[PDB]
Amino acid sequence: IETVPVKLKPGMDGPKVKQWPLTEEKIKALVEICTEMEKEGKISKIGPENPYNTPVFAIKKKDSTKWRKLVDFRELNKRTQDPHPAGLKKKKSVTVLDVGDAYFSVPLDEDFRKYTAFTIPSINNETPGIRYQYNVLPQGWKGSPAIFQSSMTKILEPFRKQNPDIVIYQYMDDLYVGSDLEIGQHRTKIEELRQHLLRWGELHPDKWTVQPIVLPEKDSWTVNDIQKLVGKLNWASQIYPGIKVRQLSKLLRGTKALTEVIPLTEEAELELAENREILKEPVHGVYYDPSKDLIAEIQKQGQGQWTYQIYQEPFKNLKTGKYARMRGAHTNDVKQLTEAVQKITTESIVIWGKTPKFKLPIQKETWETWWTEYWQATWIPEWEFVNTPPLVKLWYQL
Amino acid sequence: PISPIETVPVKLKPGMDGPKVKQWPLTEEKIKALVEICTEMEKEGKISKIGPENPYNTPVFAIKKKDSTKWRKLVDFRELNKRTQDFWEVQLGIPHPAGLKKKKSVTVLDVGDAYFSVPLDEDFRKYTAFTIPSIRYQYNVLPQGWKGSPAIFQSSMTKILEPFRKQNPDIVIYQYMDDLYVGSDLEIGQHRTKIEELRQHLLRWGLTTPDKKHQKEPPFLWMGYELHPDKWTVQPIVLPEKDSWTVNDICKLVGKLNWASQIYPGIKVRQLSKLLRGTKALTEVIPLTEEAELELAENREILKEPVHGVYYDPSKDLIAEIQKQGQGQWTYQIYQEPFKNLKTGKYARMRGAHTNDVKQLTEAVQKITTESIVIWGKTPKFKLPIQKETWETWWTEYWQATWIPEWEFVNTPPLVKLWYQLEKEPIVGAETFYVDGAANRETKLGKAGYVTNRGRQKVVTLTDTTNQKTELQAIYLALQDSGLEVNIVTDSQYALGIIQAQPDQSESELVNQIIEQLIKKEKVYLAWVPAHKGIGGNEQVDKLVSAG
DNA sequence: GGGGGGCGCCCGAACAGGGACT
DNA sequence: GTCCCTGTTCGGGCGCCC
Ligand SMILES: Nc1nc(=O)n([C@@H]2CS[C@H](COP(=O)(O)OP(=O)(O)OP(=O)(O)O)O2)cc1F
């Protein structure tokens with residue numbers, strides 16, 4: 001099969017990211033997988049005159065004895081020369097299948113190959129790194145689904161005609177499949193498709209919570225209560241211009257003890273009623289724009305609770321939600337946090353068919369030390385680390 | 001001989017051309033070492049006489065080796081290096097003896113004239129023209145001085161050994177440049193037979209292994225260590241004894257100490273390291289501070305002691321133990337059976353303007369984890385001087401994701417603790433201070449002060465200051481004039497973000513004074529309010545400190 | 001004495017991103 | 001906008017290995 005020429009963005013060079021250290025488990029899996037892929041023409045050994053490199057690692061799926069190689073092509077994808085269904089976000093069930101295997105059947109433009117180099121490390125540096133290069137469409141490169149789209153459309157073609165109200169969507173190595181079939185018939189449907197895919201060679205979108213901002217109800221308000229209140233509202237009013245603060249702020253006339261209780265005037269009692277409602281009405285006027293990135297922000301609320309907001313322009317939230325989890329001993333913030341970004345990435349792909357840039361409330365080294373131990377997705381969002389002002393923490397609190 | 005291995009294709013950077021640079025003068029002795037070496041290389045086809053068809057040239061020299069009798073020929077290719085393409089370095093780090101496993105039979109072998117056994121690409125040979133003054137040659141093999149040589153050799157060597165590795169997966173070959181550690185679980189006769197097979201393999205590809213450099217009996221000299229059978233040791237470390245120290249002197253002592261700390265527990269270099277600040281040149285001389293003075297002494301005593309490390313048993317566990325050293329310094333020992341270190345180390349990296357002990361401990365744990373994964377390929381278990389409750393508190397009240405892997409408490413002081421604890425709710429019967437500060441960008445003049453619910457007000461004036469600074473000054477002021485219990489209300493996001501992270505150390509003299517006060521107090525409570533929104537008595541204090 | 005690649009350690013220079021202010 | 005303050009990368013010395 002003749003290849004599809006591909007190019008980098010203009011004025012851009014190939015990736016040069018250093019490999020990071022791997023556990024013994026992972027290196028053995030990768031050495032094992034790679035020698036096979038080399039036995040099948042899918043990858044070739046290369047020298048160091050190829051100046052490019054991209055990190056690699058591996059994940060062990062669920063309960064299994066099978067590892068998945070996972071190359072981190074985020075950089076490459078950023079440098080690679082560049083129709084999502086609104087219906088998918090509305091389905092009782094949505095199932096996610098891993099069709100990455102399919103790509104190894106399509107040769108990779110010879111001139112491009114060099115930009116996909118990677119390196120396998122050794123334990124305790126017993127050897128120099130072993131460098132490989134790709135000869136087919138690599139999994140995790142955004143080029144792979146593009147170039148394979150046409151063949152993809154032929155495969156799913158009659159499964160779709162035969163099942164015209166099952167919606168099938170593809171993102172990178174992933175196939176999303178939604179139906180309103182009761183579980184069992186959805187399950188029997190899914191296996192039908194999988195059978196259909198070996199012949200060529202779970203979610204619930206409808207029940208996703210939106211997380212409103214909310215205000216304390218109290219019989220006794222102190223000066224401190226009211227000050228906290230007013231400050232939270234002053235900020236909330238950047239999101240909801242409806243919000244008002246003047247009558248409440250009037251109770252903090254003078255200079256008073258933090259624990260002095262203050263009887264709410266009926267006006268201030270009134271605007272409390274308003275604001276409580278101006279929060280219920282949805283955020284007016286926010287249009288998804290695919291020329292810009294989805295920004296995701298995450299806040300640790302404690303007790304295993306996590307909050308987040310997806311937006312593209314500050315205060316213009318496309319969505320705002322919450323992630324709850326286990327309350328006890330073995331609670332691991334880093335594990336919860338990577339589970340959070342995986343549930344959130346998943347929702348974004350489903351709703352807007354795109355990946356968010358995460359702003360993460362963790363130290364960079366703490367995160368890079370451990371995230372690949374809790375990762376289970378075939379893709380990898382972009383992120384940046386950010387020590388979040390302890391003010392926003394209280395804004396989204398439940 | 002020259003390997004019949006395929007050359008590695010190299011090219012200059014685009015639009016660039018080879019180097020033209022005059023040979024510089026040479027010692028007579030070096031000139032003779034040089035032509036003895038060249039007349040021999042040329043004879044073996046490792047170098048070729050060139051003519052006027054070669055425009056290029058690059059200066060050469062030589063230095064005695066570690067055997068003090070033989071010369072090493074070098075080429076200052078600094079210019080050609082700039083115009084040579086990028087490589088991806090394949091050497092990902094440095095092997096460490098503590099990652100080796102007990103072996104029944106061991107051998108160490110050097111490759112003879114390693115580089116000069118690997119051919120250099122033909123199209124690139126011309127750019128390596130040099131001149132021996134007393135003859136003009138060019139390289140047919142890899143030259144020592146070019147930036148392509150290490151990776152091309154390291155990769156070439158890896159090719160050559162793959163066949164033998166695959167044929168013999170249970171012989172372990174640590175491969176560092178041309179140095180080979182070969183280990184096996186065979187009896188000494190079978191092992192020696194395998195070494196011969198390895199030497200023939202190597203010799204088939206043009207790589208000789210001279211007996212002169214073939215170690216057969218313990219202890220083995222490897223990577224700067226001595227490998228005995230049950231233990232390993234670092235070849236002796238000698239510390240300079242100048243009585244006048246330069247920057248370079250210092251830089252040369254911190255290195256040898258860092259080197260030492262991998263097996264010498266308790267090493268410290270904070271006070272030495274501080275000297276290195278501001279010094280605009282290596283030759284600058286500096287007087288040892290009194291505490292630097294003392295520190296160097298502590299380390300000198302440490303080096304006198306006799307110390308070794310042991311090898312690695314994968315059947316057992318990896319345990320890492322951490323000791324607090326003071327001033328943001330940490331020592332650790334990694335082991336499997338008590339009092340038999342695999343290795344040791346230190347962490348002394350100051351990161352953050354402001355920080356505290358629990359943070360740094362978390363940073364020490366992360367460094368040790370990453371390093372255990374490189375050396376043994378798995379995380380260790382921890383023993384830390386921090387109570388479960390302390391860690392639990394911190395995790396509970398820190399607005400960030402933080403975590404430590406499996407660990408058990410060790411009451412070996414000095415224990416790690418939180419030196420003060422802000423309150424979650426405002427304090428009954430504690431004077432309430434409303435603080436604030438303002439500053440004039442042009443004059444650098446400012447004011448900081450407070451107003452309290454009991455009628456107190458104070459305003460302090462400052463010079464050469466800033467907004468942030470005056471906000472921090474106001475707070476310090478309220479701590480100074482308050483009782484053992486105080487409520488403080490500020491509108492400064494800056495100030496609230498520092499203090500809420502419970503620091504116990506800072507770069508800032510002012511934050512340090514603030515920390516002192518927070519430690520003395522019985523209860524503090526810090527609240528925030530938005531500025532310029534008429535919120536009394538933030539409003540009242542705003543007017544006061546706003547005479548600018 | 002002048003060269004090279006790797007890792008480590010410290011440092012200061014550069015530059016990025018958020019807050020407060022004119 | 002600018003100024004201030006904080007965090008990152010990155011290059012420069014030195015240590016060790018070959
Ligand atoms: N200082 C050095 N610069 C180098 O470029 N090298 C290179 C990298 S390793 C290669 C050969 O190292 P060796 O020290 O075994 O020296 P050799 O092979 O040149 O000669 P031999 O082994 O002593 O026969 O030379 C070594 C150095 F010690």
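So you know, we letter chains A, B, ... as the sequences are listed, proteins then strands, and number each from 1. First listed ligand is number 1; within each ligand, the first listed atom is number 1. If you check the header, you will see the structure was determined by X-ray crystallography, 2.7 Å.
- Looking at ligand 1, the drug there is FTC-TP.
- Here, the main chain in contact with FTC-TP is recorded in the PDB entry as p66 Reverse transcriptase/RNaseH.
- Contact chains for FTC-TP (heavy atom under 4.0 Å, other chains only): B, C, D.
- For FTC-TP, the heavy-atom contacts closer than 4.0 Å come from B/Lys65, B/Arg72, B/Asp110, B/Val111, B/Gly112, B/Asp113, B/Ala114, B/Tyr115, B/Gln144, B/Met177, B/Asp178, B/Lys213, C/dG3, C/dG4, D/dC18.
- The molecule name assigned to DNA chain D in this entry is DNA primer.
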